[PDB]
Engineer: 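My structure is below; once you've seen it, I'll send some questions.
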4 protein chains.
Amino acid sequence: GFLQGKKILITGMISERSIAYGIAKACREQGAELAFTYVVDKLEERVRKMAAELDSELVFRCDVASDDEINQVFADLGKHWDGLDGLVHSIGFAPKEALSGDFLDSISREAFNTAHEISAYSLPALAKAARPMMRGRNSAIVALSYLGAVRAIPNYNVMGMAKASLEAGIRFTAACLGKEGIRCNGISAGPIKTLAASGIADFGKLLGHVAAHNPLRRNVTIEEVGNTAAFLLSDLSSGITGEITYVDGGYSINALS
Amino acid sequence: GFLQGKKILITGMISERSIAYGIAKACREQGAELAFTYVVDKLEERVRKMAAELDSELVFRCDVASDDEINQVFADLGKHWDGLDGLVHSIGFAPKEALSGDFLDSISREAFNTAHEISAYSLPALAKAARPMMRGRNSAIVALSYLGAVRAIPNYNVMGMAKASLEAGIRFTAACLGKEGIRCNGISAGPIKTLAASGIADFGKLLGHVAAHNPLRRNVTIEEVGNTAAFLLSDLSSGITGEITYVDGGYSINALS
Amino acid sequence: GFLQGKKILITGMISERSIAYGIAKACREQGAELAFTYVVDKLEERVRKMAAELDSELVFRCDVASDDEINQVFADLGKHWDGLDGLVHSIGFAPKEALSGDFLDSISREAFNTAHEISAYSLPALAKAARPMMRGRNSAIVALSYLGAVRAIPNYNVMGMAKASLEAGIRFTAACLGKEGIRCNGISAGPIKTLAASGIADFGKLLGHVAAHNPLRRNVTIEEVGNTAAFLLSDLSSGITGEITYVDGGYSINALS
Amino acid sequence: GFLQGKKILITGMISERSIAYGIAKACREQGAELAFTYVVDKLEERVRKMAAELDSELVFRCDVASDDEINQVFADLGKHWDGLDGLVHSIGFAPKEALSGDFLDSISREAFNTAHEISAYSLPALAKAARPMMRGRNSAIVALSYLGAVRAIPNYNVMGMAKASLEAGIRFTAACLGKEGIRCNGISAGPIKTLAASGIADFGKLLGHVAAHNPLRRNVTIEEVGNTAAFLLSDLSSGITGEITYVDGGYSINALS
Ligand SMILES: NC(=O)c1ccc[n+]([C@@H]2O[C@H](COP(=O)([O-])OP(=O)(O)OC[C@H]3O[C@@H](n4cnc5c(N)ncnc54)[C@H](O)[C@@H]3O)[C@@H](O)[C@H]2O)c1
Ligand SMILES: NC(=O)c1ccc[n+]([C@@H]2O[C@H](COP(=O)([O-])OP(=O)(O)OC[C@H]3O[C@@H](n4cnc5c(N)ncnc54)[C@H](O)[C@@H]3O)[C@@H](O)[C@H]2O)c1
Ligand SMILES: NC(=O)c1ccc[n+]([C@@H]2O[C@H](COP(=O)([O-])OP(=O)(O)OC[C@H]3O[C@@H](n4cnc5c(N)ncnc54)[C@H](O)[C@@H]3O)[C@@H](O)[C@H]2O)c1
Ligand SMILES: NC(=O)c1ccc[n+]([C@@H]2O[C@H](COP(=O)([O-])OP(=O)(O)OC[C@H]3O[C@@H](n4cnc5c(N)ncnc54)[C@H](O)[C@@H]3O)[C@@H](O)[C@H]2O)c1
Ligand SMILES: Oc1cc(Cl)ccc1Oc1ccc(Cl)cc1Cl
Ligand SMILES: Oc1cc(Cl)ccc1Oc1ccc(Cl)cc1Cl
Ligand SMILES: Oc1cc(Cl)ccc1Oc1ccc(Cl)cc1Cl
Ligand SMILES: Oc1cc(Cl)ccc1Oc1ccc(Cl)cc1Cl
């Protein structure tokens, strides 16, 4: 197992459809020891149960809107773990009304701020809070992004701006932390039916177009995303930092198919 | 000239060193009629005086932190102009402390929020507010970005995340408005000594490195940026939308020089 | 006219549908003086006639397969002109059989070599031969490329590899010549029905998909490409080198529309 | 390991410094069965000896200048293996004189043709020749590229054009073969002292600049490149095709460091 001895904190696992669940399962299959966060109290039981199936009893509340909660996660986790080898950012949010229809009609200052704070700022915020536990460990951060960072896409709207901010965040974090032995990389995943995906108007059509038009002629799975994250969290990828890797069956590199 | 009679609103002109001044002068040279905004009352006289030299008496206060002020500009401008042919976004802000030293140490939630709101959200906010005046005119929007959008750069820090958000904003705005006959493009300018540039720690060294390492072996001018904006505002560029054009003397495409 | 006093050599003009014709017409409208090349003797009369309508009697044979013919163009042109301010590369070739159907089935060593030699090597070959006439003149080179450089596209096949080589050629030429006052830029044009376009199997479908899916919801014109080339050949673009500018109505920056 | 029983053909292994050696060792560590090619008879013994240390007695001559030799490899290999799961392209060549000094002065038609034929065409040529043995196996191809594909770099010169062609080749091969269950990906490696590296004028300074300026503040190893190739050859990367992955310690995403 190529993550033997790695201790990895995973955000964003709320169901077995979650990308973070695929990541968790892939990492555990490679021998990682896991810990998890959940955004609100209502989810605690569900997440503890999934964590238990993945051999973990380390679960912490963390709304990334809160610097106090972010910092408290690492304080609490630090009582159990000497250091942190892996950090998975698999979280995003924007108000549903901002992800439907005309980009300018649907945008607002408040939706823009929320989308960026939760979807983009949270990466440097978590990296910063994790830094004492991660530095010097030859450790790694993986964050999830989407093609909307670099292409205009119907309905994704302000989340595209937030993902672009996130990808730049990945690059700046990588440049910041590389000398102290922390890597930071992104996965730009193709569409996958998850709980959050239903917030994007006409998600079913995005999903269908990609399967019809990508080189693989099918959509990717949370196992495929998960195995890629596991690689990027492992010492196998020690030469790679500041990279965005596309796990979309080649969709982004194809045109007019 | 190739903007003869075109009516263009320009943000961000605060001195004769401003990129927006170079844009203004370039547009006026091609026959455009201009109007201007200024962030606070303390600048009104200075901006009115520059505007007068460019044959304009149309000057409006606009802090892009304020949706009221943004929308009031177009209400007031609309008393003079029956439509708007061009809109120039040449504005940015982040707290100076966030643009000095280690990326994660210098970042904060509040600095992130400010940087994104003023530097990135302001593009769709202005596009949205201008839309009734611009649509159906084969009109155009130009916004100013920087390499920090797509590369990690020392000291630019959180402004890089904001510029990435901005460039995605340009793409989404272009996709949104293209059917209505409004284009939206970006210029990624090389470093230029402007008032805002002094907010970046060690800007003088950044400026020097580019001149020593780009294909042209010199920095670009506000006239060069300005002429590019004039082109992108004109019907000559009617086949171009959602584009980021580098006016950095080739710096971005060079390595190891 | 922003090309007043500019002397520009244009390759590739074989009919009034040619991209090079749109370039020629756009440049002449801005006051440029023109000269032209043609690949074989059979075309001489047709090209001389088009050149005459554009106020030029300077027409030279040039098969870019031949170093002797390339060099002879500048020797001959140098009898009339003191220097050369603009050079337009608007030429490409690959055997038709290599641009139909399965990429690997259709490729061959010989087709690959031809495609690259004529479509890609010709840019540095012409730049190199033109260099004595262009250096120190604040002059400029523009070459035409296509999205196949950076995306896989059905049927374009080995021409995509040649266009990628070309775009790198543009970057290396820009880096090479920038200090001596020669710029080199590319235009990646959207699909346009030209003589050469019929060599691509199912070109009509490419053309239709782009018009249905790009931000402008229409294809671009040779006037739009031409006006962009005119800008890139003019002193207005003096801050820009090594750049690929997309004149495809935003097609490349849109996805899933 | 994650390549257990997978049969992988590796080109380009000429010494223990070779990138292909790092790939070979990484694949063998994950359980792969290997076979190898060598360019000329003079190398046969050296390569057989390295192959033996990696538990292989399958070694074949292959100068990729020769379509006969390329196709003969798979005919001969096919006597031992009923199919092929992995193919590694780790080969390049250009005349040394073309990789020294001014790009245009050093280039020639013949050097361009050689560089592209050996460095770029060889990827689709090998993919094409391997296709009967690879299809239907959920198999994979990996090829090695360099930053010169997408940035101008001193002295790398015409090899940059060839690498750009190669990367497009990777994209087109991926699009071509995806339905048949063959993936094709690239690794853009940072500088590593190998035999071929000495062909680049002033390679030692290039190597030094990267270590001084990348996020990791060091150069990558053939083990790091190798482990990445092993991942891209394995079913773990089944969601990834047509991708270029940077294993350069973040060099490409950094600027002005
Ligand atoms: N599903 C896809 O097609 C897809 C494609 C590309 C990228 N992504 C990205 O993958 C990541 C995971 O999304 P997913 O599709 O697995 O959806 P998901 O709904 O399974 O997970 C989204 C997670 O974000 C968390 N979250 C939201 N607001 C939060 C806050 N304030 N604090 C902490 N956590 C918060 C949610 O609780 C949830 O666990 C996201 O970044 C998403 O943008 C998804
Ligand atoms: N100077 C450079 O090297 C350079 C390079 C690339 C991009 N840019 C970008 O060019 C644009 C113009 O900056 P410049 O360098 O000409 O500097 P400048 O200081 O002349 O202009 C910056 C402008 O931003 C305006 N601004 C700041 N906060 C504002 C607010 N809340 N509301 C409205 N306006 C506000 C300022 O009043 C000022 O007019 C910016 O987007 C900057 O990021 C500059
Ligand atoms: N039409 C399009 O949709 C489109 C889109 C993007 C890029 N381009 C590019 O635009 C450029 C011009 O093509 P076009 O579409 O106007 O077609 P065109 O047929 O009008 O021009 C192609 C030209 O290439 C010339 N040529 C071919 N082999 C030559 C040789 N050995 N020596 C000298 N000249 C030679 C032809 O004689 C012809 O003049 C090409 O580089 C093409 O790849 C075209
Ligand atoms: N070393 C680096 O810094 C570096 C960085 C990025 C990419 N690369 C690429 O990695 C690959 C491997 O090179 P390396 O650096 O390991 O050097 P190397 O010298 O160990 O390997 C180069 C190989 O190319 C083979 N080759 C050359 N001409 C050939 C022909 N006609 N037919 C068949 N094989 C031929 C050589 O025999 C040799 O085995 C190349 O594609 C190179 O461009 C190298
Ligand atoms: O980023 C995503 C991209 C896709 Cl294709 C599908 C789901 C995604 O994830 C989200 C989408 C919308 C919201 Cl409000 C929150 C999240 Cl996490
Ligand atoms: O974005 C920029 C990039 C450069 Cl190289 C120089 C100046 C720039 O403009 C700014 C820099 C810092 C702040 Cl706080 C505000 C602005 Cl407008
Ligand atoms: O590059 C092109 C791209 C497009 Cl969409 C249309 C035409 C193009 O130009 C060519 C296509 C094929 C051949 Cl054989 C030669 C040339 Cl010049
Ligand atoms: O592509 C490369 C890039 C780097 Cl930084 C180092 C070595 C490389 O490999 C080569 C360099 C020159 C020649 Cl002639 C052949 C090969 Cl294989």
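Note on naming: letters A, B, ... go to the chains in the order of the sequence lines (proteins, then strands), and numbering restarts at 1 for each one. Reckoned from all heavy atoms, side chains included, excluding hydrogens, waters and symmetry mates. Just follow the structure's listing: the first ligand is 1, and inside any ligand the first atom is 1. Heads up, header says this was done by X-ray crystallography, 1.9 Å.
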Engineer: In this deposited structure, which macromolecule lies in greatest contact with ligand 6, as labelled in the PDB entry?
Structural biologist: Enoyl-[acyl-carrier-protein] reductase [NADH]
Engineer: What drug do PDB records list at ligand 6?
Structural biologist: triclosan
Engineer: Using a heavy-atom cut-off of 4.0 Å, which other chains touch triclosan (ligand 6)?
Structural biologist: B
Engineer: Quick one: look up the protein heavy atom nearest atom 6 (C) of triclosan (ligand 6) and list residue, atom name and how far away it is.
Structural biologist: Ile200(B) CD1, 3.5 Å
Engineer: May I ask you to identify the nearest protein heavy atom to atom 16 (C) of triclosan (ligand 6), giving residue, atom name and distance to one decimal place in Å?
Structural biologist: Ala196(B) CB, 3.3 Å
Engineer: Could you say whether the N/O atoms of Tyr156(B) and triclosan (ligand 6) ever approach to under 3.5 Å?
Structural biologist: yes
Engineer: In the protein, what heavy atom is nearest to atom 15 (C) of triclosan (ligand 6), and what distance, to one decimal place, separates them?
Structural biologist: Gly92(B) O, 3.6 Å
